[PDB]
Colleague: 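Just passing along the structure, written as structure tokens.
Chain letters run alphabetically, one per sequence line, in listed order. Chain A is numbered as in the PDB entry; shown residues: 39-766, in order. By the PDB entry numbering, chain B shows 39-766, in order. All ligand and atom numbering here is 1-based and tracks the order in the structure. Structure determined by X-ray crystallography, 2.6 Å. Computed over heavy atoms, backbone and side chain alike; hydrogens, waters and symmetry mates excluded.
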Protein chains: 2
Amino acid sequence: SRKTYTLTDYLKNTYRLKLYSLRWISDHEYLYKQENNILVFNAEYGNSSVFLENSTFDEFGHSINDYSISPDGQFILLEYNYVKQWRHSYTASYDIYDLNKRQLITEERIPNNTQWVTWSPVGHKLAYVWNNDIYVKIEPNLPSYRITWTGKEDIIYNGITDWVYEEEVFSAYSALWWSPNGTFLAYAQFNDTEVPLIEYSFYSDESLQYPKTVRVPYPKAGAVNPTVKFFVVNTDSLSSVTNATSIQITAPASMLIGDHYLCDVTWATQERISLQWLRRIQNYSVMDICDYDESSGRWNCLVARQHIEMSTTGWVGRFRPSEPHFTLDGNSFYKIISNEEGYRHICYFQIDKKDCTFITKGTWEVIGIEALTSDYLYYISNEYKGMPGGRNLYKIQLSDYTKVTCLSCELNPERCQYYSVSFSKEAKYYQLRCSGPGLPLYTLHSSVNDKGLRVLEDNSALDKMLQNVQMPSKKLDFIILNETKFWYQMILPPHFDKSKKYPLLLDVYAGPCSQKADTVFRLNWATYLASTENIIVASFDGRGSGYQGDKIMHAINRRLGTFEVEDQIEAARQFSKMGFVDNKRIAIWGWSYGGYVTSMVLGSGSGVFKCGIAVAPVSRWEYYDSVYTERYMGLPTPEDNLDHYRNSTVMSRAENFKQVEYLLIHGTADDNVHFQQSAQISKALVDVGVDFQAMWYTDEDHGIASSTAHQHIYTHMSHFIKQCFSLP
Amino acid sequence: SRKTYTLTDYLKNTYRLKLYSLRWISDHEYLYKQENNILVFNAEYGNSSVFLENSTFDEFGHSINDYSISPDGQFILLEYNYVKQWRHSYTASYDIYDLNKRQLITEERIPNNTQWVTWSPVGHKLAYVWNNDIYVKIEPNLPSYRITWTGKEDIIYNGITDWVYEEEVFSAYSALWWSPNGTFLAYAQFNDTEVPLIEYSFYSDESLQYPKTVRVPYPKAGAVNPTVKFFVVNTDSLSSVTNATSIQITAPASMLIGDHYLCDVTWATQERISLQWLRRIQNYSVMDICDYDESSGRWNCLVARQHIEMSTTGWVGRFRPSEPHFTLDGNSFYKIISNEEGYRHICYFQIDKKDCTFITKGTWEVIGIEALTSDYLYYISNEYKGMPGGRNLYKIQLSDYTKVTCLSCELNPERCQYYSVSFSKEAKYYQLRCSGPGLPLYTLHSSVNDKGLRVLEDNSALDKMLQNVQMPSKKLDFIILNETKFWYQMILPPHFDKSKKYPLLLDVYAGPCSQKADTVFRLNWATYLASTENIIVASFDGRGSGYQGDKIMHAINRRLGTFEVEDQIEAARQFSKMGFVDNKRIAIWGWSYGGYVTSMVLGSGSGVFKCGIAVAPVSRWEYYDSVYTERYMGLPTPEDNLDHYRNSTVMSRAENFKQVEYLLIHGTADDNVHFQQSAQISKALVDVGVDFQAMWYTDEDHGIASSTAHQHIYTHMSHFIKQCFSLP
Ligand SMILES: CC#CCn1c(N2CCC[C@@H](N)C2)nc2c1c(=O)n(Cc1nc(C)c3ccccc3n1)c(=O)n2C
Ligand SMILES: CC#CCn1c(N2CCC[C@@H](N)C2)nc2c1c(=O)n(Cc1nc(C)c3ccccc3n1)c(=O)n2C
Ligand SMILES: CC(=O)N[C@@H]1[C@@H](O)[C@H](O)[C@@H](CO)O[C@@H]1O
Ligand SMILES: CC(=O)N[C@@H]1[C@@H](O)[C@H](O)[C@@H](CO)O[C@@H]1O
Ligand SMILES: CC(=O)N[C@@H]1[C@@H](O)[C@H](O)[C@@H](CO)O[C@@H]1O
Ligand SMILES: CC(=O)N[C@@H]1[C@@H](O)[C@H](O)[C@@H](CO)O[C@@H]1O
Ligand SMILES: CC(=O)N[C@@H]1[C@@H](O)[C@H](O)[C@@H](CO)O[C@@H]1O
Ligand SMILES: CC(=O)N[C@@H]1[C@@H](O)[C@H](O)[C@@H](CO)O[C@H]1O
Ligand SMILES: CC(=O)N[C@@H]1[C@@H](O)[C@H](O)[C@@H](CO)O[C@H]1O
Ligand SMILES: CC(=O)N[C@@H]1[C@@H](O)[C@H](O)[C@@H](CO)O[C@H]1O
């Protein structure tokens, strides 16, 4: 008498997973948004006060997109007129509000089309980027000072990132870094002057007679890369009519000898900045420590003080070198590094000393350092029960490394196995977030004795609702390949009778350091295909996948479209042997990297698959960007790796496609994985006479996330899979 | 016969239609190529000697694309390195082979990347366009003379046409007109400085890292149009010292008050040129007869002797004011004109007297004037048996307008009802071309007494092959809606059964002055569909169609997307009725304007069609070019016809597509009907939640004519129709 999780349920969000997003405002309080009524919470006791009622601003004029309360609590930034650009960048209008005197500042307003704004870490200063130039406000109503004058669209970028850096380096549009004092303002400067431009047509509304051409500086594999510079401005010494003075911090000599990237920026203390540069050949990286010398007023980055981090098996770090976590005094820090056994662990570094010291060890990996105090270091790893797809919060007694405590392992063994944490400043408190295998559960904790303070959100409203639906179950196990464990998850149709034959959809990503087999709970497309269409949706992490050691993650070094492709097929094969999967009805599909892999598999000729769907997939590595691509493929030169670049295109496998049913999808406005890529694929198929299904999405980009487009693609895809499996 | 007409037959061109292309070189001889040999034939006796052997350019080095023998047969232009551009335009290299010797004039060679070349009507003079500038060579081995210096890519076009003129006006890349004498050289100049550019991505070869953006000056409905000037130069007076002086011939003052175009250029005599201008509001045109003043070296067009063409019911001409045929002395001429009752007949004009004299009348139309001797005017009409879809050659005795003879009606009644003709210069002979309903037949005739000299090609071979195959038959009938008769055709399956029920596909064009129903014989996709899949393929010429009077053709005036659409739906209702049509399986498909009509049809919610295929369809008239669009819709402004531009989009009907299975196809490199038009359609469907099938073709243009692309699309469409009609 129960219904099934239908496509519409997923498409129309019938079952809402609740969340609990707070922002620590101090060591003991946090802000939380409830019914548009911003509240302030006391962590210790749980009581609160409304900080700003929805009521306020009902006569503002425009819709408010986001809020940002200054560290002071005296002002609050009002963001509206939000126009999205890339994955993290966007532009918007801003207004400030004096809380001391319920008023909107009308004088010296932040300009329109501002690219980025940030309060200082303490107080109420402001720094913004308008027209690629950095401006600073000491007071909200006072006129701002101009820090840089070189800014110029699509060429010079100050305080903000260009395309690659936003996407592949900082996962952010910002390139501004305030000191903990608020005294200094460090910023990067990008220069795309010689960076080729990818161009594509944006059609826009019907009303538009002539389509428009978007031109973005985008460096494809091997092209000229943007260059970078770094500066630091003293915010307290800014006069009315006196251009501000930025002191540039050069990169190490080992980086300047060639192309290089700025990878990280971290303030150690009030007068010490940490910088990490990486070579274009992401083999070698160097952390730089620069101190402020009150004398000249310059910044020295002592050469002896440097720290090298290279790799012989592959690239450095998971996607970039790891971030350092300094001890309060700043003379030491902690950083996650690949050890001699190839596993990632916490290393302790002391500034004026050479080599570091590992604090953790084992056949598992530390995902990330979350908090640091004088007595403990808090991190998350997948040690518990040897599950790489599990996540847990641990404690390390700094005076005895052998004393490690798991803080989330036994809170809810049956329900919780994947955790992410959020510590208050100075780590007196911490919020745990469990996202599976059961419904998400948010809890507040005391740090002094690890006491559970209270449940913040347990999704019981969703639980009630779901007890009426026939939900699919998840199996997390592994298979063996040349004496190695490789995990896979299976989303099984409710009432899974392993004495029957079920069709199987292989959901793939399989990109460098990926992980599709894990313990998190999801309400997605696969949930539907399993609940209603009774299809088994499996995902496999083979060579290349991450969080299992460098031997597995680097197996694909300098050879994408190789072992990870083969392993997807081998997993699929062994799934067949299993007495519950119709080996005549096995499909595969993937988005982006998952789409390239899906194409590679369909064009392998294994005969293992009946059909496959590839969404906005890479087809030839020369078409993707320099940073991501080169990190694994090196350069596309004859001296370097040109042969394998040319040996791993989807096009070269066109002929084998005649053995399968292929559906190709792509948004015409994809700025990330250019339409060009799918364009070249279809042409390869047309040139060898192979028939296939196609579908473009006018003006959608990599995410094809516009409500209408989103429901459309998943509807289309469902039909394709239903027909490919002869399912009603 | 057992064997049927397969798709592979159509795509691989298994049963070829022989032909007989000849080029008349004089009053009684013509060239023809056998294999790779150019033979010259004598029309009177039929004897032929070899003019040039396939063994003359083996050691040439380049693959010869075409040849061009000069008037006095002394030289032969060799065309190679042919690189296509738009529909009629292209670039190529050339070499002149002197026949009076055994050499390739290697001195003053015609520059590479030449855009257009042409001999004079007499002798061996040579004019050519290069870099948008005109050059003239009196002798093939001599240094050419530059005629214009204003040439500027995409801006100033001298001697060649811009995109709109090439496609919608002169249907050719050339804008050069030699005078009979060979003395003068009139040319046109286009100024595209203020024309907007349509831009689209061209991905090219797999090796091209960044896609290339193509920009073509192209005016859409209501956009700024290219301007034009006319010139005439005396090529007898050309000194390599001083520059060649061009004389300009302004347009009629009644043309300069607003935008206008040049429509036709025809020389009457040695010193007389005929220029027809058209107002940007295509229902008013003025022909200009200009005479060369030998004393002032000028050209004067007495404003007194201008002729006016006007349309109250629509626009002028079928697609433009028809072409004049001057009597040898230049004092008069015949021109096809819509008479009082609205049918197009031959009119006789005497240069300095008002009005013209209709020398034909009837409820049928003159399709074209082909020749004009001192005693007879030859032309082709569809008078015979009141069949608009039939064509025949007629002769009118100039000294007694009532005496008209039919030169092809009775040649072979049951096999030939659609002729086209080619007269030898002076017209002593004429080659008649029979296109159907039977296999093509080519014959040579003498006009002295219209004696049939001989058969040139009768397709005996193709004929004997088809008897062995089970071919479909064609029915050319008509239905009556109100009180008017509208014709249609039907390609019926082999062994047709009036008691059996076959599915039906509606092949559609339906544009203004189109004719899909006729007596022509064709071997196409429709043949495959009826022969092998037993699908009835019917076409229908409803309102708007041509060759039947302005009552039917102008019905559509300023109202595209209405009657022509209704009439197609209607036709299908009637065919449904006919007891041999399964009203459960009726499909519709069209390309270009047919793509458009097919979409409107599918979006009307009529409930008649189950599925349909649209290829490179127009979606909204504001996206197509000005000259063709404005010709039927006027300007898209509020004071003009903007209301109907906005009420005739494929988009506004989106919702209705939920009731039909739709397949949308388009070449991404389409310069004619910009990919944009389909991109907006898909977005509308997606925005409204309608699932359809899609398919783009990277780098293909309006014709999707590359060998591989062409095969891929007709296969793709075949699977679609086969699956839409539950066909085994
Ligand atoms: C090309 C390429 C690529 C590589 N890639 C990256 N990075 C590392 C960080 C920076 C980025 N530049 C490159 N992140 C990824 C992927 C990826 O393929 N998929 C599969 C996937 N799966 C699904 C279901 C997706 C759905 C929508 C959009 C993308 C999707 N992608 C991912 O999920 N994530 C999170
Ligand atoms: C947009 C538009 C348009 C209108 N149009 C024109 N003209 C008039 C003269 C000037 C020109 N600019 C516009 N000629 C046409 C069409 C047309 O739609 N189809 C259907 C069709 N059908 C098939 C099967 C086709 C196949 C390939 C290419 C085109 C095709 N077209 C035609 O066959 N012909 C010959
Ligand atoms: C967020 C909040 O309301 N905190 C209040 C605090 O201001 C007050 O001093 C205390 C005693 O009543 O109760 C809570 O802790
Ligand atoms: C600081 C500033 O630029 N203010 C103007 C505002 O006065 C105007 O109403 C708006 C138009 O949307 O453009 C800006 O926001
Ligand atoms: C602000 C800045 O440093 N601009 C430089 C520019 O002067 C130089 O000519 C160019 C050459 O690549 O590189 C950068 O764009
Ligand atoms: C050769 C020629 O006619 N050039 C004209 C130029 O004189 C004029 O200023 C412009 C205005 O659109 O159009 C063209 O560029
Ligand atoms: C012989 C002579 O005067 N030649 C000139 C040429 O140099 C100049 O570039 C052109 C444009 O004004 O006009 C003439 O063709
Ligand atoms: C528009 C809006 O947010 N309204 C909410 C209302 O639903 C809620 O019941 C109330 C309780 O404080 O708070 C208001 O802000
Ligand atoms: C085209 C051709 O070859 N015509 C020749 C002609 O030159 C010659 O005068 C005649 C008499 O022998 O024989 C014909 O065959
Ligand atoms: C008349 C002339 O310029 N001919 C040259 C030809 O010799 C050369 O082979 C070709 C490209 O290699 O370019 C042509 O323009």
Colleague: Just trying to sort out this structure - which chain has the greatest number of contacts to ligand 1, name per UniProt?
Modeller: Dipeptidyl peptidase 4 soluble form
Colleague: Indicate which of pranlukast, linagliptin, iodipamide is modeled at ligand 1.
Modeller: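 That one is linagliptin.
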Colleague: So, around linagliptin (ligand 1), which other chains have a heavy atom under 4.0 Å away?
Modeller: A
Colleague: For linagliptin (ligand 1), indicate whether the residue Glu206(A) contacts it via side chain, backbone, both or neither (heavy-atom separation under 4.0 Å).
Modeller: side chain
Colleague: Should the proximity of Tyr634(A) to linagliptin (ligand 1), defined as any heavy atom under 4.0 Å, be assigned to the side chain, the backbone, both, or neither?
Modeller: neither
Colleague: If you measure every N or O of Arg125(A) against every N or O of linagliptin (ligand 1), does any of those distances drop under 3.5 Å?
Modeller: no
Colleague: Quick check on atom 20 (C) of linagliptin (ligand 1) - does any protein heavy atom sit closer than 4.0 Å to it?
Modeller: yes
Colleague: Enumerate the atoms of linagliptin (ligand 1) whose separation from the nearest heavy atom of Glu205(A) is less than 4.0 angstrom.
Modeller: 10 (C), 11 (C), 12 (N)
Colleague: Checking a contact table here: which protein heavy atom is nearest atom 4 (C) of linagliptin (ligand 1), and how many Å away?
Modeller: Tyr666(A) OH, 3.4 Å
Colleague: If I apply the N/O under 3.5 Å rule, does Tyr631(A) come out as touching linagliptin (ligand 1)?
Modeller: yes
Colleague: Output the list of atoms in linagliptin (ligand 1) that are nearer than 4.0 Å to some heavy atom of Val656(A), sorted by atom number.
Modeller: 1 (C)
Colleague: Within a distance under 4.0 Å of any heavy atom of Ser630(A), pick out the atoms of linagliptin (ligand 1) and give their elements.
Modeller: 1 (C), 2 (C), 3 (C), 18 (O), 31 (N)
Colleague: Identify every other ligand or ion with an atom closer than 4.0 Å to linagliptin (ligand 1).
Modeller: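 There are none.
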Colleague: Return the residue and heavy-atom distance (to 1 Å) for the UniProt active-site residue of chain A nearest to linagliptin (ligand 1).
Modeller: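 Rounded to 1 Å on heavy atoms, the nearest UniProt active-site residue is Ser630(A), 3 Å.
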Colleague: Of all the atoms in linagliptin (ligand 1), which lie at a distance below 4.0 Å from a heavy atom belonging to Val711(A)?
Modeller: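 Numbered from 1, linagliptin (ligand 1) contributes 1 (C).
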Colleague: Nearest heavy atom to atom 6 (C) of linagliptin (ligand 1): which of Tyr547(A), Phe357(A), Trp629(A) does it belong to?
Modeller: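 Looking at heavy atoms only, the winner is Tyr547(A).
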Colleague: What residues line the site of linagliptin (ligand 1) at a non-hydrogen cut-off of 4.0 Å?
Modeller: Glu205(A), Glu206(A), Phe357(A), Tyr547(A), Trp629(A), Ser630(A), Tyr631(A), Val656(A), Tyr662(A), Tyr666(A), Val711(A), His740(A)
